[PDB]
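The following structure holds chloroquine.
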Protein chains: 4
Amino acid sequence: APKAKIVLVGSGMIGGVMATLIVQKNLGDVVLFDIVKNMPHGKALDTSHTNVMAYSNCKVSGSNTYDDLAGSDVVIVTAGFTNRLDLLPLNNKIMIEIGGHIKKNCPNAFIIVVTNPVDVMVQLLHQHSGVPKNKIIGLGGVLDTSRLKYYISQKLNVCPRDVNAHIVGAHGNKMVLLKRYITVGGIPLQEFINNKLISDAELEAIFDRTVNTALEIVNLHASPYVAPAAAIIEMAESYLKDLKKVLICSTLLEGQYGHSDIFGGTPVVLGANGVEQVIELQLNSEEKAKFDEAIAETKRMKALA
Amino acid sequence: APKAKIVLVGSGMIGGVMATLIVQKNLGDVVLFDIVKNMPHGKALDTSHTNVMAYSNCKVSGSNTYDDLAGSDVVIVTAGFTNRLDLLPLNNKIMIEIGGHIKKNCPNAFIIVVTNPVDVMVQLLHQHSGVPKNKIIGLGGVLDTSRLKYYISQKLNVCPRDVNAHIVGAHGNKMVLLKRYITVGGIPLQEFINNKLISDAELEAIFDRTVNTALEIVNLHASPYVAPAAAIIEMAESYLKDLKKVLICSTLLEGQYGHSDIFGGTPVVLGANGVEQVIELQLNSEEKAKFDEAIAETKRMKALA
Amino acid sequence: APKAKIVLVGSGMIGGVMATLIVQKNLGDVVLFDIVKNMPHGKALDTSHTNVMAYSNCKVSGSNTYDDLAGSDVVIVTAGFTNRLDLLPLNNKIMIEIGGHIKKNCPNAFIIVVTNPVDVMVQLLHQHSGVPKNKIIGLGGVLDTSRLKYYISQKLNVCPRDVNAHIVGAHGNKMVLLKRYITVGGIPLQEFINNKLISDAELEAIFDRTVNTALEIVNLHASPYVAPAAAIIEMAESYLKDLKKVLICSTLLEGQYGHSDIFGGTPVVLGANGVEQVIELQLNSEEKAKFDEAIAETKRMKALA
Amino acid sequence: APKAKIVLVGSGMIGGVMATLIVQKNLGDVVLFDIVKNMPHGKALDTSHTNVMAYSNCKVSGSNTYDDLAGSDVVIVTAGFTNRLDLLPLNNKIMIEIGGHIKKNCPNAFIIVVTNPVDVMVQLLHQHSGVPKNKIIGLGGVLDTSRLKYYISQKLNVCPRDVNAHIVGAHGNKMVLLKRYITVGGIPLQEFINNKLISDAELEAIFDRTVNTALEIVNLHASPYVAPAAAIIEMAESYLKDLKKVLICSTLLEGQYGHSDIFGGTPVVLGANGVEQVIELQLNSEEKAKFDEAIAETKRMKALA
Ligand SMILES: CCN(CC)CCC[C@@H](C)Nc1ccnc2cc(Cl)ccc12
Ligand SMILES: CCN(CC)CCC[C@@H](C)Nc1ccnc2cc(Cl)ccc12
Ligand SMILES: CCN(CC)CCC[C@@H](C)Nc1ccnc2cc(Cl)ccc12
Ligand SMILES: CCN(CC)CCC[C@@H](C)Nc1ccnc2cc(Cl)ccc12
């Protein structure tokens with residue numbers, strides 16, 4: 001069947017929601033892969049029954065063998081151990097193992113990396129898998145901006161999706177939030193600030209909140225996995241359905257912002273041909289300085305893998 | 001049942017698509033009303049069967065009696081005769097007749113006016129129906145900008161919805177297209193122009209195309225009714241589901257842009273409380289001059305009704 | 001792009017709704033083809049703008065040249081002149097012309113025939129196009145049963161889709177309604193009759209209503225095209241998304257019900273491989289007698305083409 | 001806002017998926033309530049961001065105070081300790097506490113009970129909350145039959161939703177699977193058995209699999225919560241949107257099947273008025289004997305609470 005085959009390399013919390021959302025949207029057949037014995041089979045069985053409730057027809061199966069990567073159209077990697085820097089070499093080993101199988105079983109698959117630090121892990125897998133630069137991206141901006149877009153929408157009382165924002169450079173503490181590129185209903189946010197509808201102080205607090213959301217969720221005795229999963233599926237769906245959505249993801253930089261041979265967060269266009277366009281925001285020197293900071297941290301960690 | 005009741009006052013071409021789209025989205029019960037005998041019943045019967053194909057449960061009935069306006073949550077007016085100025089007094093008579101029944105049968109319904117010239121006809125109905133200012137709007141910007149957003153998206157090869165634009169003042173020849181407020185993926189269009197991805201000349205042609213689309217469709221031996229219907233439903237749905245989307249519609253101006261006691265196109269926020277916010281774009285003197293032109297034409301025609 | 005290409009051979013009323021529904025569901029690129037100059041271009045332009053309102057990315061274009069059949073994944077034929085028997089030879093000529101181009105431009109496309117009498121016209125196109133038997137079907141049962149399912153659901157006050165029914169043999173006056181195969185929520189209808197929830201007399205009236213619905217809609221000064229379009233799209237979507245839905249359509253009979261070398265309405269399974277299964281209902285002699293009647297009328301008209 | 005308010009009393013695994021699915025479907029505002037400090041707030045924050053990805057506008061908040069039950073339109077109870085019979089009195093205490101607050105804060109809310117044993121726990125809450133019989137149901141048949149419908153659909157290679165089946169009496173080991181009431185595309189399953197498309201032996205194995213699915217998932221080192229959540233949402237959605245779907249749920253029996261003053265699984269119709277119809281299947285003596293067995297076990301456990 002010409003039905004897309006989506007292999008989720010890692011059957012943890014994010015993997016579970018991704019599987020659920022795929023069936024809900026009837027995106028394609030799903031394989032929940034992991035090295036943990038049977039668990040992926042158990043989650044796959046549970047999820048497979050939702051086909052009835054959702055009027056879908058997507059096979060959902062578990063797997064403990066890399067062989068099931070064969071025929072994969074899309075591969076989503078969430079696998080990985082969770083100082084923080086001590087995991088770098090370890091997770092690189094996981095990227096190496098996965099990359100070798102991708103190269104052997106599905107060299108033409110579209111890859112989405114989630115493993116943290118994503119900006120580092122994505123380039124590592126790109127290198128070990130050998131896939132073209134336009135066929136591999138990392139999760140970052142879609143998730144990070146969903147927080148900023150959401151918090152602003154609540155203050156302004158408008159549909160969350162009506163707020164657009166851009167966070168670039170890298171996923172994580174060094175993420176670059178661009179106040180200048182925020183709009184509401186397509187209108188520059190500054191107009192709403194001029195109107196006293198939202199203050200600069202309110203925005204600064206929202207910015208800090210955005211950068212520290214994962215930490216905030218963790219401190220509330222939970223962990224972020226639902227939004228990450230939803231952000232990942234928006235990306236995968238844009239590719240599978242050739243939507244050509246403009247989404248901020250970690251992609252290989254070839255001179256943009258003055259950086260090369262490194263992956264960084266920036267808006268790109270995802271369609272049937274993968275990363276069809278890499279958009280370079282015309283940042284000013286101040287924003288560029290922050291982007292530089294993001295890249296520096298990515299390079300720092302890359303060197304330790 | 002707490003199911004919304006949507007009464008379509010006018011069962012023509014736009015009315016038919018609206019009915020179809022309502023069932024597709026299971027938005028609520030539909031009444032296709034018109035003075036033409038039986039036709040609304042015939043279209044209603046045809047459309048009612050689609051409930052099976054769409055897994056919906058919306059009653060779709062025809063009507064030839066104004067009494068069916070009772071219990072209406074949303075009323076959509078497309079009725080109206082189609083120089084052009086000679087129809088003004090005639091269509092005003094239709095607005096008067098409809099307004100009297102709305103006032104009597106559903107004073108708390110949310111009204112959307114389509115009848116042209118919409119900016120004139122909407123204020124007339126507002127006056128004859130007596131509903132609050134936040135409960136009546138006219139179709140305009142959503143439809144007009146859908147053209148501009150779509151044409152630009154094709155030139156740039158991105159998802160149509162990713163292009164945001166603003167057309168204000170009035171629906172029609174005097175519509176004000178604001179080049180300065182166009183974005184792609186939330187990014188100012190000017191950046192794409194600086195990049196040679198789209199030229200100023202290309203945009204000028206797209207602008208003219210946008211203003212003359214209805215005429216273009218008519219010259220191709222067709223008439224626009226599908227997009228208008230879809231634009232209307234996006235508006236009605238934002239209200240019914242309390243989405244709080246920022247949509248450009250004709251609303252009563254109370255000083256915005258320097259105009260009062262007149263309806264004009266401008267972004268507003270539609271939610272459970274109707275027009276929850278009227279957004280005033282901070283236009284420069286040049287854009288304001290064009291808006292003035294739009295209002296002037298509306299006043300001109302209003303005076304002839 | 002791996003986006004499906006759907007060519008609508010005939011840009012009339014049914015064609016328009018199909019185009020609209022395809023964009024709503026983001027099913028694939030659409031081509032509105034017809035011999036009428038420009039009209040398809042005009043309808044295509046109007047419909048194309050709805051991509052913004054629906055968050056879709058489907059190209060919608062018009063066409064006046066058969067060449068655009070190239071690359072077609074799905075072809076839907078509604079073209080055709082509308083005694084009634086005098087049109088048979090004329091419409092056969094249309095089927096011949098279309099069939100020659102399908103054979104030349106898209107021999108592997110999946111074909112859905114709507115032209116009436118569908119059961120006759122579908123076999124004619126099958127013959128002239130040369131496509132495999134599993135790649136061509138005619139619209140019939142999905143539309144006819146949607147009426148029966150809907151009317152029964154209203155009497156019983158249950159979701160329309162919860163009522164399942166089977167109408168076979170042929171589309172049209174000789175359609176075979178099988179009372180014995182009607183269920184509500186999967187429960188045999190007879191149980192509801194035993195319960196006095198619906199009477200046999202009520203059902204008989206609903207049956208007559210079902211058979212005469214087109215005529216009823218026509219007498220109300222309208223024409224059925226919305227449900228037909230929706231029924232057609234349910235079929236096309238099952239194929240495109242490999243849903244494997246059980247849908248009653250006109251398919252080539254190879255001995256089922258005692259008939260061969262003729263097309264007739266019967267439940268089939270539509271998936272990525274087209275007609276993946278032809279299901280033969282185990283009818284009793286009485287039901288079989290009626291089916292025979294349906295086939296006889298189809299053969300009668302086939303002989304006059 | 002006239003937006004429905006859904007309070008999830010219990011913020012565990014099933015609660016999380018329910019919250020996620022509600023936003024995906026934009027069903028209404030969600031409150032994740034639990035006695036565990038902050039966790040519901042953490043899950044609520046994570047889930048709230050998905051509003052952007054799903055184009056929804058549903059508030060998702062956590063809560064540690066029963067007061068938030070005020071204004072609730074729908075209340076879903078999953079809270080509860082997890083011999084097995086020793087938990088009965090304990091879980092009854094939870095039902096009592098919740099029931100008192102429902103009675104005080106939202107007496108007109110529609111209640112769905114999940115806590116096991118559901119058939120027992122649902123009647124207990126019905127008693128402690130005092131809500132009308134038509135406003136409270138327990139999860140059972142929708143989940144159980146989704147397994148049976150799914151397994152059969154895979155053997156027959158048809159859309160999962162096209163297989164309809166009925167499991168009644170009680171949720172759990174004593175569930176009554178009715179082979180006689182299974183259909184495929186509305187066609188009696190027996191016809192497919194006569195055709196050798198599926199054997200009686202295959203079905204017997206599927207039956208055992210259906211009854212032991214939770215156990216099977218648990219043995220694979222997982223736990224069922226995704227399907228349960230999806231089944232619950234289908235029920236809640238039928239009520240909220242007045243779909244009037246026929247769904248098998250635990251409801252108060254008033255003489256049906258010969259049982260009274262007890263809750264049992266049976267098809268019902270859920271609409272704006274809650275349980276609008278309780279459907280009694282015309283079971284034979286053999287099926288009735290099994291149903292009796294189910295009720296007996298429910299009564300046994302009820303007596304120990
Ligand atoms: C002792 C166990 N070892 C080595 C035999 C297993 C392999 C270890 C490294 C390479 N890979 C992994 C380690 C841990 N988890 C993983 C999850 C997925 Cl999905 C894929 C690979 C993983
Ligand atoms: C001769 C016929 N006349 C007067 C009796 C009918 C009423 C005329 C004016 C007021 N109204 C109308 C005229 C024409 N079309 C309409 C469509 C709708 Cl939906 C509602 C009112 C309409
Ligand atoms: C005089 C005009 N003639 C002959 C040149 C045109 C061709 C006539 C027959 C074969 N075909 C047709 C006749 C009428 N309508 C049609 C609509 C479609 Cl979409 C496709 C073919 C059509
Ligand atoms: C020692 C802690 N006790 C008593 C103070 C808390 C209350 C205990 C019983 C009645 N209720 C409960 C016990 C355990 N979990 C629950 C989860 C939810 Cl959502 C609601 C009520 C719960």
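By convention in this document, chain letters (A, B, ...) are assigned in the order of the sequence lines, proteins followed by strands, and residues within each chain are numbered from 1. Indexing begins at 1, ligand by ligand and atom by atom, following the structure's order. Side chains are part of it too, since the values below use all heavy atoms of this structure and drop only hydrogens, waters and symmetry mates.
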Place of chloroquine in the structure, all copies: ligands 1, 2, 3 and 4
So I'm looking at this entry - what's holding onto chloroquine (ligand 4) the most? Name it the way it appears in UniProt, please. L-lactate dehydrogenase
Help me out: which other chains have any heavy atom nearer than 4.0 Å to chloroquine (ligand 4)? D
Heavy-atom contacts with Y66(D) under 4.0 Å: which atoms of chloroquine (ligand 4) show up? List them by number with element. 20 (C), 21 (C)
Please indicate, with yes or no, if any protein heavy atom is found under 4.0 Å from atom 2 (C) of chloroquine (ligand 4)? no
Which residue owns the protein heavy atom closest to atom 12 (C) of chloroquine (ligand 4), what's the atom, and how far is it? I94(D) CG1, 3.6 Å
Atoms in chloroquine (ligand 4) flagged as close to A79(D), the criterion being non-hydrogen separation under 4.0 Å: 17 (C), 18 (C), 19 (Cl)
Where chloroquine (ligand 4) meets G10(D) - atom numbers and elements under 4.0 angstrom, heavy-atom basis: 19 (Cl)
At what distance is the nearest protein heavy atom to atom 6 (C) of chloroquine (ligand 4), and which residue and atom is it? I35(D) CD1, 4.3 Å
Any protein heavy atom under 4.0 Å from atom 18 (C) of chloroquine (ligand 4)? yes
Name the option, out of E97(D), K93(D), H101(D), that contains the heavy atom nearest to atom 9 (C) of chloroquine (ligand 4). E97(D)
Does the protein put a heavy atom under 4.0 Å from atom 21 (C) of chloroquine (ligand 4)? yes
Are any of the protein's heavy atoms under 4.0 angstrom from atom 15 (N) of chloroquine (ligand 4), yes or no? yes
Which other-chain residues have at least one non-hydrogen atom less than 4.0 Å from chloroquine (ligand 4)? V9(D), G10(D), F33(D), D34(D), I35(D), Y66(D), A79(D), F81(D), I94(D), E97(D)
